[PDB]
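In this structure, FG-2216 is found bound to EGL nine homolog 1.
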Amino acid sequence: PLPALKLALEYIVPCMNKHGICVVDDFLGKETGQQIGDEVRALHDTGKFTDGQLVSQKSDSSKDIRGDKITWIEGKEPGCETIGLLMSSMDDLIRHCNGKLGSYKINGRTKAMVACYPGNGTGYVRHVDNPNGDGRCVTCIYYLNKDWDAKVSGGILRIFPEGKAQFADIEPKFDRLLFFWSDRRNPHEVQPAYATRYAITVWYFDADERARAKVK
Ligand SMILES: O=C(O)CNC(=O)c1nc(Cl)c2ccccc2c1O
Ligand SMILES: O=C(O)CNC(=O)c1nc(Cl)c2ccccc2c1O
Ligand SMILES: [Fe+2]
C-alpha cells in the first residue's frame, strides 16, 4: 500500500503492538531504491563515511581491524535528495501511527545514520539500541542491498524478541523497511558481513521519555 496510511494502520500498528517488530518489503520501489543506493555509494566512494568502528588493536596499528563505517545525513545535503525523501516517507509513515504505537507520542527524530559494513567479516555485537531511557522508542531501518545472499554473504540481523526462546532472522534485503522497539525488548546483532552491506537508520523519540532524559 503506497499511501503510508493503509500500511501504517492495517499492518505496521498491529504488527508493532503484537510483535514489537515489523517488516515491510518493497517500501519505495526499484527505481527509488536504486537512486538511494546510488547516493549512498557516492558518499562512500567520495570518502564521506568514517573509517569504521575499531574492532581490534593488537598494538600494531595497521593490523587494527575496523568495522561499520557511518555518516550522518540530515536530508537536505546536495546529492542526498532521495535519502531525504526516504526520511520524509518514514516520517509520514510514523505520523500516521500517532497515538497507535504503544502509548508513545513521537515528537522527534534523530538524523539518519547511514551504515556500511565493509564486508571483511566484521559485524555488530549483540546489543540494545536504547538501554538507558535516552528517549528513543522506535528504530527504523531501510536496507538497500540488491540480491543479498545471506547464505554466502552473512550479515543477517538477528533479533532476540521480548524474552522468548527463539530469535528472528531478518535479511538486509534491498528496499526493505524495518521497525522495532529500541529498548530492552529487542536485543539484537548483525552477524559477520562478508560483502559490502548498506543500511539507513533513524530513531524516533517518545515525547515524555525524551523530555525527562536529562533528569531521569
Ligand atoms: O540534536 C538535538 O536536538 C539533540 N540531540 C538529541 O536529543 C539526540 N539524542 C540521542 Cl539519544 C541521539 C542518539 C543518536 C543520534 C542522535 C541523537 C540525538 O541527536
Ligand atoms: O543494520 C542492521 O541490520 C542492524 N544494525 C544495528 O543494529 C546497529 N545498531 C547500532 Cl546502535 C549501530 C550504531 C552505530 C553503527 C551501526 C549500528 C548498527 O548497524
Ligand atoms: Fe542496533
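The first residue of the sequence shown is numbered 1, and numbering continues consecutively from there. First listed ligand is number 1; within each ligand, the first listed atom is number 1. So how was this one determined? The header says X-ray crystallography, 2.0 Å.
- Tracing FG-2216 through the model gives ligands 1 and 2.
- The heavy-atom binding site of FG-2216 (ligand 1) at 4.0 Å consists of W72, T110, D134, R136, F205.
- Using a 4.0 Å cut-off to heavy atoms of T110, the atoms of FG-2216 (ligand 1) that qualify are 15 (C), 16 (C), 17 (C).
- The protein heavy atom nearest to atom 4 (C) of FG-2216 (ligand 1) is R210 NH2, 4.9 Å.
- This PDB entry assigns chain A to the organism Homo sapiens.
- Less than 4.0 angstrom separates atom 16 (C) of FG-2216 (ligand 1) from at least one non-hydrogen atom of the protein.
- Nearby ligands and ions (under 4.0 Å from FG-2216 (ligand 1)): none.
- Each of the following atoms of FG-2216 (ligand 1) lies closer than 4.0 Å to a heavy atom of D134: 11 (Cl).
- The bulk of residues of chain A touching FG-2216 (ligand 1) reside in UniProt domain Fe2OG dioxygenase.
- At the top of the distance list for atom 6 (C) of FG-2216 (ligand 1), counting protein heavy atoms only, stands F205 CZ, 4.3 Å.
- For atom 2 (C) of FG-2216 (ligand 1), no protein non-hydrogen atom is found at a distance below 4.0 Å.
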